[PDB]
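Beneath this line is the structure, given in structure tokens, with notes to follow.
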Amino acid sequence: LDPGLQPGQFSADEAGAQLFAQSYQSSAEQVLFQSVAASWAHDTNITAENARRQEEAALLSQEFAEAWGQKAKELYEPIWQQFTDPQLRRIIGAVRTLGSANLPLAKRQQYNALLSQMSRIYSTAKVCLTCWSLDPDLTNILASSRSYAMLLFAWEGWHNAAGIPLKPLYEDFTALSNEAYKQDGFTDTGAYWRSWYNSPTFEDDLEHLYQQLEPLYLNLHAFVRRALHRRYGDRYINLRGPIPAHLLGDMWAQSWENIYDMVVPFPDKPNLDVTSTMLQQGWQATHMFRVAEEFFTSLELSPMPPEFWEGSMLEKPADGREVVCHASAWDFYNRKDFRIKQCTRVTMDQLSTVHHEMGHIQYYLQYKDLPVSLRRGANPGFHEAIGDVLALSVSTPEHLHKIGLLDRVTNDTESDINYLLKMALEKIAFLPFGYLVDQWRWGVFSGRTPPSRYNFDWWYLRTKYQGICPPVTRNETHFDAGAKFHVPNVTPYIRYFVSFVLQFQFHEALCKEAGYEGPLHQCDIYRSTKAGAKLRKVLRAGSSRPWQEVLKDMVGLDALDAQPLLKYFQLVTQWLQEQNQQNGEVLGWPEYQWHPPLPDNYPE
Ligand SMILES: *[C@@H]1O[C@H](CO[C@@H]2O[C@@H](C)[C@@H](O)[C@@H](O)[C@@H]2O)[C@@H](O[C@@H]2O[C@H](CO)[C@@H](O)[C@H](O)[C@H]2NC(C)=O)[C@H](O)[C@H]1NC(C)=O
Ligand SMILES: *[C@@H]1O[C@H](CO)[C@@H](O[C@@H]2O[C@H](CO)[C@@H](O)[C@H](O)[C@H]2NC(C)=O)[C@H](O)[C@H]1NC(C)=O
Ligand SMILES: *[C@@H]1O[C@H](CO)[C@@H](O[C@@H]2O[C@H](CO)[C@@H](O)[C@H](O)[C@H]2NC(C)=O)[C@H](O)[C@H]1NC(C)=O
Ligand SMILES: C[C@H](N[C@@H](CCc1ccccc1)C(=O)O)C(=O)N1CCC[C@H]1C(=O)O
Ligand SMILES: [Cl-]
Ligand SMILES: [Zn+2]
């Protein structure tokens, strides 16, 4: 570690800790920068030289975290928890967590190589027949092929190309992760991730939430299954069984918006898939990011700075570079550079993604004057919900009309149901998956799920929550969890399930704040500076206050709550139950063992 980046000595008291924290922040910004830059260079231009550079930068981070973490312990272990400055408690608390820096050198190099190589496998896997990439080629197939056999080729190809080679690396990764966090005092890496919510009842609270939401997911499931049955027939849909995992518009069956055309109940109302309008009108990526930006500035939030437009990668390069396509928002920790990396496609759901990713940028912008340690969401769930809150306003028919993507606007119940159904395909269908992914990973980290049951336990969770089955047999050579980006990327997932509930809480608060008197699902906070002021206060707090306190200031409750989500969807909940009863459906999948046959001359 460079001389200038090493800690000195401070007094062993709170006064000295302030100075410690100041000097830490200078050094950290410089180290975070060099690291975020090296990853950027990699993720936008995947080569061996850039990977070796990222690994060297991660190593420098680890030396840093170690020298400053050791020093925080040496000076402040007795006293940091009694400090008067709440923000300084959190900072020192962060600084003393070594994570992977607890590893000895050879194991840090191994850990870093594993992250690098899993990233590269996930992001450069192709399916050949001439080779298709996940984005855009396989995404597109899943979204709008309706050939059972072609969807299967893509689903299986993908899960095979990405899963199988990840498994040896994922096992090694898990061992090293656990080893590292055990020396911070955690029983496993999972306990560490769960500790961010700083809630003794965390697992219980989530299950109380999921139990309240499960009826909606079940009603929707049964409805969609019936729709699928009408198209794909009795051979490939069991009305009493899980849905084949490849028929729902998305590689992970995590969002079902792309099958909207098979379920929409009132096809004579305004068509709420504006994708073809966007294509007809000649939208490009730039436009999408501009329209998101303008939403933000209508709230008196900050615009994207020059550095964002000059630095971002908002399109897949055509120059034959390998990139990580999976959309992400980047803070370089220099208070100046913020960028999005996205292989933006021109569709309505990518319009949401854009807003999602811009939510992150906006958070980065508001809290950039906090100490580096506090430059994060009140919890990771907060960070994920910001863009999604705006996107709820954007998707409303009124707002789509105002940005010229919907030629007229109805305000009738048939339209409301169309709308709420679409939103349910996006939001309610995701709920089981948001919950299940980290359940799988907590199991793996704790040792409940060894390598020999990685795929067994994954599909148990898939069937249990989502009510889907693999469309071909899987076994333990397969590693289907690893064909989902967040797993090889080591990005926690429970934040999304938290986000998907929190976003309706935020929505309801901002709408009330904006003066909006009508049904929640027709609220548009566009141009509400009051709503903006309320959101800004949250963004600016970063992680400097307990999320339960920030939440209470914002929505009046100190806890995640399903009521807003439920009142948002209330009308389509009542509608779906009526339909499912009149069609004599079975809620759930009592024929849990059922799997569909192979197509006749498959794999051809
Ligand atoms: C795991 O399954 C793979 C995939 O094979 C297909 O799906 C299986 C579950 C099986 O039920 C069959 O429907 C299919 O073969 C098996 O892989 C291939 O199977 C044969 C026999 O080895 C052969 O054509 C290939 O070489 C196999 N290898 C691969 C991965 O392409 C595999 O043998 C199964 N068992 C184990 C322990 O991995
Ligand atoms: C992608 O990454 C490679 C490095 O992996 C970059 O290539 C180097 O670029 C400098 C300046 O252009 C040359 O002098 C070196 O000789 C190159 N090294 C290698 C290993 O080729 C390349 O510039 C990057 N490409 C893009 C489009 O950013
Ligand atoms: C669509 O019509 C409904 C029903 O008339 C509107 O909802 C009412 O809105 C007013 C003020 O805007 C409130 O005072 C009422 O309490 C609401 N009543 C009901 C029955 O919900 C709604 O605002 C209109 N929506 C749009 C798209 O603007
Ligand atoms: C598109 C988005 N990308 C992630 C990227 C996360 C990430 C973190 C750290 C490093 C790289 C990428 C993000 O939340 O922005 C994402 O994965 N999202 C959006 C909501 C649900 C979730 C999903 O698609 O699984
Ligand atoms: Cl999380
Ligand atoms: Zn996100």
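Numbering of residues begins at 1 and proceeds along the displayed sequence. In each ligand, atom 1 is the first atom listed, and ligand 1 is the first ligand listed. Per the header of the entry, the method used was X-ray crystallography, 2.3 Å.
The drug observed at ligand 4 carries the PDB name enalaprilat.
Contact analysis gives the chain with most pairs under 4.5 Å to enalaprilat (ligand 4) as the one UniProt calls Angiotensin-converting enzyme, soluble form. The distance from enalaprilat (ligand 4) to the heavy atoms of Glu357 drops below 4.0 Å at these ligand atoms: 1 (C), 2 (C), 3 (N), 13 (C), 15 (O). Scanning the protein heavy atoms around atom 17 (O) of enalaprilat (ligand 4), the nearest turns out to be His326 NE2, 2.7 Å. Using 4.0 Å as the cut-off, the other ligands and ions neighbouring enalaprilat (ligand 4) are ligand 6 (zinc ion). Counting only heavy atoms of the protein, atom 19 (C) of enalaprilat (ligand 4) lies nearest to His356 NE2, 3.7 Å. Within chain A, the UniProt domain with the largest share of residues touching enalaprilat (ligand 4) is Peptidase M2 1. Distances from enalaprilat (ligand 4) to the non-hydrogen atoms of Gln254 include at least one value under 4.0 Å.
Comparing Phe500, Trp252, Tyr496 by heavy-atom distance to atom 13 (C) of enalaprilat (ligand 4), the nearest is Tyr496.
Of the candidates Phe433, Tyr493, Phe430, it is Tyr493 that places a heavy atom closest to atom 25 (O) of enalaprilat (ligand 4). Closest to atom 5 (C) of enalaprilat (ligand 4) by heavy atom, among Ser255, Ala385, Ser352, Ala327, is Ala327. Every atom of enalaprilat (ligand 4) is numbered from 1 in the order shown, and the set under 4.0 Å from a heavy atom of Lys484 is 23 (C), 24 (O), 25 (O). At the top of the distance list for atom 7 (C) of enalaprilat (ligand 4), counting protein heavy atoms only, stands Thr491 OG1, 4.1 Å.
If you number the atoms of enalaprilat (ligand 4) from 1 as listed, the ones under 4.0 Å from a heavy atom of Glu384 come out as 14 (O). Contact between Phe485 and enalaprilat (ligand 4) is present, with at least one heavy atom of the residue lying under 4.0 Å from the ligand. Binding site of enalaprilat (ligand 4) at 4.0 Å, heavy atoms: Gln254, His326, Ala327, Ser328, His356, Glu357, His360, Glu384, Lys484, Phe485, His486, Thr491, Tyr493, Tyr496.
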